[PDB]
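Next up: a structure with tazobactam (bound form).
We're sticking with the PDB entry numbering for chain A, so the shown stretch reads 29-297, in order. Order of listing sets the numbers, starting from 1, for every ligand and every atom in it. Technique stated in the header: X-ray crystallography, 2.7 Å.
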Amino acid sequence: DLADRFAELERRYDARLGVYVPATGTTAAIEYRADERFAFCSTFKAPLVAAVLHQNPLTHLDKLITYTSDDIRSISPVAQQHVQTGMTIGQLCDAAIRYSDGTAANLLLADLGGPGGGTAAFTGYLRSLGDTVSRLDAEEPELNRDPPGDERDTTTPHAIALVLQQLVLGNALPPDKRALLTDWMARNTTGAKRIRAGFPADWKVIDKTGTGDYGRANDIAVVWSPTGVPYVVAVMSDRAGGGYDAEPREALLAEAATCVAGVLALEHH
Ligand SMILES: *C(=O)/C=C\N[C@@H](C(=O)O)[C@](C)(Cn1ccnn1)[SH](=O)=O
């Protein structure tokens, strides 16, 4: 019946919708097109920050990276502000997560794998985490621009949640480093209208959004019940019918998250 609720969202928003919530002790897994591929968009910036965190000591976050206005080829609200003084690796992670800064993400890719191998290196951190399905093939902004049906720069709701689960609720990062990722996602500025909107205020939410062409809108989150019970939420969508310039629908994601919140919070004693 929840599948039918999701189907209606799709009909109404003229859109394809992907949802995954892993099973916990107390709940079943929520799945709707969980193994269909969806463009990553900026959602990759979360596991990217984990990858830089993991490969280096915390000292590495103080490394000043300089770049130029030449390097800014995508929306970079923080990297623009710091073009002349440079940004540190920590600042970059800050911007990548909290502002979805494209330049910031492209520098972390270079830090991770050098020039020319950052995508390979990021995909390999996911492989190290037992995700064989996901893949990153390009930098910003081109990763946001592949056609529907192209496997390049795709993940699936299933895969990316299971990765986020490991990153936030598992040991893929130690506590000093995991906390920093969580603090950055917790302080996200781009996600108020997606998973966050679908959940009561006394549930805690950390998240990383995505947005892109063909009406792509993503959100991945980790949510906490008022009594600290955690869940992973992956919600992904596109709207290929409108062409490359089609309107993405944040409302579609908030509705989905509301269905999920509905399930996870109603207690049936
Ligand atoms: C961020 O999560 C993923 C994509 N961001 C896009 C967006 O914010 O809509 C762009 C990178 C925006 N853009 C236009 C020109 N340069 N950047 S994507 O639409 O290209």
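- The main binding partner of tazobactam (bound form, ligand 1) here is, in the terms of the PDB entry, Beta-lactamase.
- Source organism of chain A in the entry: Mycobacterium tuberculosis.
- The deposited entry places the covalent bond of tazobactam (bound form, ligand 1) on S70 OG.
- Defined by non-hydrogen atoms within 4.0 Å, the binding site of tazobactam (bound form, ligand 1) is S70, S102, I103, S128, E168, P169, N172, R173, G238, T239, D241.
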